[PDB]
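Heading - GW5638 complexed with estrogen receptor
Lettering of chains proceeds alphabetically from A, tracking the sequence lines in order. Residue numbering for chain A follows the PDB entry, covering 303-415, 421-461, 470-528, 533-551 in order. Here chain B follows the PDB entry, giving residues 306-330, 335-417, 421-457, 472-526, 537-545 in order. When a ligand or atom number is given, it counts from 1 through the structure's own listing order. Technique stated in the header: X-ray crystallography, 2.0 Å. All values below were derived from every heavy atom in this structure, side-chain atoms included, with hydrogens, water molecules and symmetry-related copies excluded.
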Amino acid sequence: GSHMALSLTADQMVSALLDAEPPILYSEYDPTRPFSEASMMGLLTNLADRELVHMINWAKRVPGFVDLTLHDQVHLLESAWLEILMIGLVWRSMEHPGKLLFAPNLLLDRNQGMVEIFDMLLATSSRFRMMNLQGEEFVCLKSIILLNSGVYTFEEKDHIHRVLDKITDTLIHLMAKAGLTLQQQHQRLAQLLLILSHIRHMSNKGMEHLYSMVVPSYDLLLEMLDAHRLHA
Amino acid sequence: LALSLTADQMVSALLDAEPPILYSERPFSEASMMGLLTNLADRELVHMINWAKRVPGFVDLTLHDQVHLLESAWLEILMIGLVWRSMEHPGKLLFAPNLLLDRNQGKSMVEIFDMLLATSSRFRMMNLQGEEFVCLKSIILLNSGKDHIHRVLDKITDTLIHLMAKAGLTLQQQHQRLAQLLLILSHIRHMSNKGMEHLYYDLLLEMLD
Ligand SMILES: CC/C(=C(\c1ccccc1)c1ccc(/C=C/C(=O)O)cc1)c1ccccc1
Ligand SMILES: CC/C(=C(\c1ccccc1)c1ccc(/C=C/C(=O)O)cc1)c1ccccc1
């Protein structure tokens, strides 16, 4: 059978998101690769390209996402894809202070690293470490980025907002079970959502660089989302 | 000092700090609109610096941090004001009572314009209240660019929740609304960044010092 998004309990929501999680990918094994700007950027581009395929699979499993039209799915992914890659990056890097774990075989320190955003990404990773962000909260945040980033760059909008309310209910439940008071729940929720505005900022600066050097477009993402129908 | 204030006095303080609605200087053009917008922005910025000094907790920061926050937040603060003023004018942006521009006038930017209109429509649909708006504007200033800032942000969160509880929202409705409001700040950020991209201390430092 199929659960509709708005019917899910907090436990069913977490289970759906944990199950949908993509794998941690490795960087290309290429030891003799040269050190240049275009070289490192190439490693990152190749990694991002492969993550994007898993990202589509993940997006299709975020409750409510397939309730939208293909056109609306593409708009949301086009808005969110870099923010999603970045929150993934910051999550992976939490146990490596001062470094970004692009992949288990591509752990970069500050001197190796992108001029403005590296320190921003490190700052974000530190803040999640401080707050002791849990995996269950992380998957909720990532789903929020997907549903929210493109909603006001666009009944059907109402549905997205009701799904977002469901994810918020799920976050609150996790925080209540963790032993936070009503007031602490509200403060921690607020802190997390303000960090999302920083991730948006980082994505914007990231995109500016990418457009000045093509980059994932409406048309690529439309093809990839549609191509999902043909997978195993 | 902010940490000692009640939720009601926070609200009162923020409402008292609010800056005035300014006027723009017959039909328009490109540079006519842009010069009018720049002149208005310049004048709004002076009032914004005076507003920030009255946001409880802001003047306790170092002058270096005050400058950094205002440099980071100024376009977001001008946009959230604009969107707030435009709430009751579907499909138009109320830059000033004498400067109300529809979508097609936006072409005289129309990327940014449509994004602003979408924000205004969202606030309308949510029935954003004045007491909530001033809390959001303060969050924008404090979050733009350090435990003291975090302490005040937690206080503003408490104050938002206090306002919702007083309006009779259930405990569930309280967290849902808080999230709805704070999610809009990601979009205000995005809009500010697109504006800054199109557009590309003395004033700040004089007024703040
Ligand atoms: C934040 C790091 C990063 C990535 C990246 C993030 C997470 C995982 C893998 C890579 C990035 C780099 C290039 C691209 C894609 C370029 C392209 O497709 O032309 C996408 C993302 C990036 C993004 C923009 C500018 C500089 C670096
Ligand atoms: C979104 C409206 C806007 C404003 C503006 C916002 C609120 C109130 C009045 C004007 C804006 C326009 C020009 C400036 C120029 C500043 C400068 O030249 O130093 C600043 C803000 C703008 C901002 C960036 C690009 C195009 C238009």
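- Heavy-atom contacts below 4.0 Å between GW5638 (ligand 2) and other chains occur for B.
- For GW5638 (ligand 2), the atoms sitting less than 4.0 Å from at least one non-hydrogen atom of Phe404(B) are 2 (C), numbered in the order shown with element in parentheses.
- Under a 4.0 angstrom heavy-atom cut-off, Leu402(B) registers as lying outside contact with GW5638 (ligand 2).
- Counting heavy atoms under 4.0 Å from GW5638 (ligand 2), residue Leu525(B) touches it through the side chain alone.
- For GW5638 (ligand 2), the atoms sitting less than 4.0 Å from at least one non-hydrogen atom of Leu428(B) are 1 (C), numbered in the order shown with element in parentheses.
- Contact annotation: for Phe425(B) versus GW5638 (ligand 2), there are no heavy atoms closer than 4.0 Å.
- Source organism of chain B, per the entry: Homo sapiens.
- Under a heavy-atom cut-off of 4.0 Å from GW5638 (ligand 2), the UniProt 17beta-estradiol-binding residues of chain B that qualify: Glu353(B).
- Per UniProt, most contacting residues of chain B around GW5638 (ligand 2) lie in the domain NR LBD.
- Within GW5638 (ligand 2), counting atoms from 1 as listed, the ones closer than 4.0 Å to a heavy atom of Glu353(B) are 8 (C).
- Atoms of GW5638 (ligand 2) found under 4.0 Å from any heavy atom of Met343(B), numbered from 1 in the order shown, are 13 (C).
- Neither the backbone nor the side chain of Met517(B) comes within contact range of GW5638 (ligand 2); no heavy atom lies under 4.0 Å.
- Not close to GW5638 (ligand 2): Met522(B), with no non-hydrogen atom less than 4.0 angstrom away.
- For atom 10 (C) of GW5638 (ligand 2), the candidate residues are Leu346(B), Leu345(B), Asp351(B); the nearest heavy-atom contact is made by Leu346(B).
- Neighbouring residues of GW5638 (ligand 2) under 4.0 Å (non-hydrogen atoms) are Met343(B), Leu346(B), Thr347(B), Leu349(B), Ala350(B), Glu353(B), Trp383(B), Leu384(B), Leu387(B), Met388(B), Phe404(B), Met421(B), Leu428(B), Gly521(B), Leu525(B).
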